[PDB]
Each structure stands twice: as structure tokens, then as C-alpha cells.
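Record below includes tacrolimus.
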Number of protein chains: 2
Amino acid sequence: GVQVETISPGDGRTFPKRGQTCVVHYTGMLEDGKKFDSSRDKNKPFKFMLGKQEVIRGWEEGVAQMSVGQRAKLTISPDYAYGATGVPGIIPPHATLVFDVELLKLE
Amino acid sequence: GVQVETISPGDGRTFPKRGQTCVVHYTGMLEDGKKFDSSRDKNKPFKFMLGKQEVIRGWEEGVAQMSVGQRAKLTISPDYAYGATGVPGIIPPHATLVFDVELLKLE
Ligand SMILES: C=CC[C@@H]1/C=C(\C)C[C@H](C)C[C@H](OC)[C@H]2O[C@@](O)(C(=O)C(=O)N3CCCC[C@H]3C(=O)O[C@H](/C(C)=C/[C@@H]3CC[C@@H](O)[C@H](OC)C3)[C@H](C)[C@@H](O)CC1=O)[C@H](C)C[C@@H]2OC
Ligand SMILES: C=CC[C@@H]1/C=C(\C)C[C@H](C)C[C@H](OC)[C@H]2O[C@@](O)(C(=O)C(=O)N3CCCC[C@H]3C(=O)O[C@H](/C(C)=C/[C@@H]3CC[C@@H](O)[C@H](OC)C3)[C@H](C)[C@@H](O)CC1=O)[C@H](C)C[C@@H]2OC
């Protein structure tokens, strides 16, 4: 349920392992380009861990395919995101989400 | 994405309208009967409003089909619940959810 298109290559060597912390920058957009979120505009990187059901599965599977330093467009199917519910006031029902993600570091 | 089976009939007259508050009792179970939640065991009824993207869509569409006093089994497809992500530590990925719901009042 995720398509990964690469904007800038990573090192081709260091990929996220289950239970590491990934530090990324991302902007989330709707399929017409409409931004709904951006880590950059709160300055910070976002950090999460793989394999703990803590981010939507499409993110998890998309970022697992990236190596460090890679910049990629993740297009996530609704059932690998917020499905038929969406997120109140932010994501409609049945929405495909596009995230521009940069994998900065694994900790 | 929801199937509604009736355990006890409601009044056949008073159905939830968009923007009313529904007061219910529910227990949520996995498809093998495993309970994961119950309003009754925290005593209280659960209250929510229709049409505000505030509960999973399958709940919303299931309860909209019930009249006051009805007791029903709602079986909800993953994409109308927590999809491929689940809820960490509570709902697996791709889970069909079964809720036993009693619609007590509309406010
Ligand atoms: C107080 C609250 C606690 C904590 C909240 C914050 C730090 C809140 C802060 C405003 C910004 C959020 O995040 C930085 C914000 O990010 C979005 O803007 C977004 O871009 C998003 O989609 N993200 C974030 C980047 C990773 C992918 C995805 C994610 O997976 O996000 C996760 C998420 C929502 C996952 C659920 C978890 C349960 C599953 O049942 C469900 O599965 C259906 C998927 C986030 C990281 C959660 O782990 C963290 C929490 O919830 C959402 C559109 C709305 C979401 O606000 C909620
Ligand atoms: C602090 C937090 C604030 C607030 C939390 C509480 C009162 C927390 C308390 C422990 C018990 C929760 O609820 C009483 C509990 O209920 C479950 O046990 C459950 O049985 C459930 O599935 N429910 C509840 C009854 C209606 C259907 C469904 C629901 O829709 O629930 C809603 C929900 C999770 C919807 C999201 C909303 C965003 C969408 O993006 C997403 O779509 C993918 C679906 C609930 C009611 C939210 O509106 C309310 C909040 O989140 C979940 C298995 C886990 C969930 O804890 C989170």
C-alpha cells in the first residue's frame, strides 16, 4: 500500500532495522499538492521507531525501503493510512496521502 | 464496510440524525470473541456525535442504522476501522472488529 519514488539517493547501504529510531524531515500533502503538515515548519525532525504500530503502516513500510540520506515521495493508500475515517478536519475519508520524506539518521 | 445484526429491536422510529449526540453502551471484540474494550466496565455510557470524523467510519455508519433501544452486533471491515495499522498493543493490523452496541438515547 505504499509507492516510493526517489528524489535524491541515500547511501544505498544503511536501511532502517526493526527497533531503530528513524530521524526524518517530512511534509505531508494531499494528492493535489495541498500541504497538511511539515516537520520543518516546527523546525524539529520527527523521530519514530519501526515495528511498534506507532505510525501508519504505509509510512513504516515506505521508510523501511529508504537508506540514510535518501529523499523520497511516499504515496500511501488509504487503508495504509486513515482509511474510510480520515482525521477530523485534516484528512478526508478515503484519502491517498503523499509524504516527501528525508531520512536523516538512524539512532 | 459494516454489517449490522440485530440482537434486540429498537423502536423502529427514532434513528440518529447528523449532528445529534448518541449515548450507547458497547463492548468491542476481535472476531474470535476476544474483548478489547467495554464502556460498561468503566460504568459510564459512551457518547459521540455523528458526522464529525470523530469515531471510525464503520461505527458511524453502523449506529446510524439503529433506532433507539436497539441492541446490535456491528462487524466492521479494517478499512472502516484501523486498517493496516491497527492500534498499538490493542488491535492487530488488518483486523475486523465486532462491537456489541446498545443505542440508549439521542441528545
Ligand atoms: C497527542 C497526541 C499524541 C501523538 C501526537 C502528536 C505528536 C501530534 C502532532 C499534532 C502532529 C502529528 O504527528 C507528528 C500529526 O501528524 C499528521 O499531521 C501527519 O502528518 C501524520 O499522518 N503522521 C506523522 C508523521 C508520520 C506518519 C503519520 C503518523 O503515523 O502519525 C502518527 C499517528 C497519528 C498514528 C496513529 C497511531 C494509532 C493508530 O491506530 C493509527 O492508525 C490508524 C495511526 C503519530 C506520529 C502518532 O504516533 C503520535 C501521536 O498521535 C497527522 C495527519 C495528524 C497527527 O496528529 C495526530
Ligand atoms: C486521549 C485521547 C482522546 C480520545 C480518547 C479516549 C476517550 C480514550 C479511551 C482510552 C478509550 C477509547 O474510546 C472511548 C478507546 O476505544 C477503543 O477501545 C475502541 O473500542 C474504539 O475503537 N472506539 C471507541 C468506541 C467508538 C468506536 C471507536 C472510536 O471511534 O474511538 C475513537 C477513535 C480512537 C477515533 C479515531 C479518531 C481519529 C481518526 O483518524 C481515526 O481513524 C483511523 C479514528 C475515540 C472515541 C476517539 O474519538 C476519542 C479519543 O481518541 C479503541 C480501540 C482505543 C481507544 O483509545 C484511543
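Heads up: chain A is whatever sequence line comes first, chain B the next one, etc. We number chain A the way the PDB entry does; in order, the residues shown are 1-107. The residues of chain B that appear here are 1-107 by the PDB entry count, in order. All heavy atoms count here, side chains included; hydrogens, waters and symmetry mates do not. First listed ligand is number 1; within each ligand, the first listed atom is number 1.
Structurally, the main neighbour of tacrolimus (ligand 2) is the chain that the PDB entry identifies as FK506 binding protein. Counting only heavy atoms under 4.0 Å, the other chains near tacrolimus (ligand 2) are A, B. At a cut-off of 4.0 Å, the other ligands and ions listed near tacrolimus (ligand 2) are ligand 1 (tacrolimus).
Residue contacts with tacrolimus (ligand 2) for B:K52 are absent, since no atom lies close enough (heavy atoms, distance under 4.0 Å).
Residue B:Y82 holds the heavy atom nearest to atom 29 (C) of tacrolimus (ligand 2) of all those in B:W59, B:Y82, B:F48, B:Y80. Across the listed options B:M29, B:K47, B:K42, B:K42 owns the non-hydrogen atom lying nearest to atom 11 (C) of tacrolimus (ligand 2).
In this deposit, the organism assigned to chain B is Homo sapiens. Of the protein's non-hydrogen atoms, the one nearest atom 43 (C) of tacrolimus (ligand 2) is B:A81 O, 4.0 Å. Under the 4.0 Å distance rule, the nearest protein heavy atom to atom 40 (O) of tacrolimus (ligand 2) falls inside the cut-off. The atoms of tacrolimus (ligand 2) that sit less than 4.0 Å from any heavy atom of A:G86 are 39 (C), 40 (O), 42 (O).
In this structure, atom 9 (C) of tacrolimus (ligand 2) is not in close contact with the protein, since no protein heavy atom lies within 4.0 Å of it. Within a 4.0 Å radius of atom 46 (C) of tacrolimus (ligand 2), the protein contributes at least one heavy atom. Across the listed options A:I90, B:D37, B:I90, B:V87, B:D37 owns the non-hydrogen atom lying nearest to atom 17 (C) of tacrolimus (ligand 2).
Most of the interface of chain B with tacrolimus (ligand 2) sits in UniProt domain PPIase FKBP-type. Distances between N or O atoms of B:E54 and those of tacrolimus (ligand 2) include at least one value under 3.5 Å. Counting heavy atoms under 4.0 Å from tacrolimus (ligand 2), residue B:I56 touches it through both backbone and side chain. Residue contact check: B:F99 has heavy atoms under 4.0 Å from atoms 20 (O), 22 (O) of tacrolimus (ligand 2).
Applying a heavy-atom cut-off of 4.0 Å to tacrolimus (ligand 2) picks out A:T85, A:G86, A:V87, B:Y26, B:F36, B:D37, B:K42, B:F46, B:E54, B:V55, B:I56, B:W59, B:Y82, B:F99.
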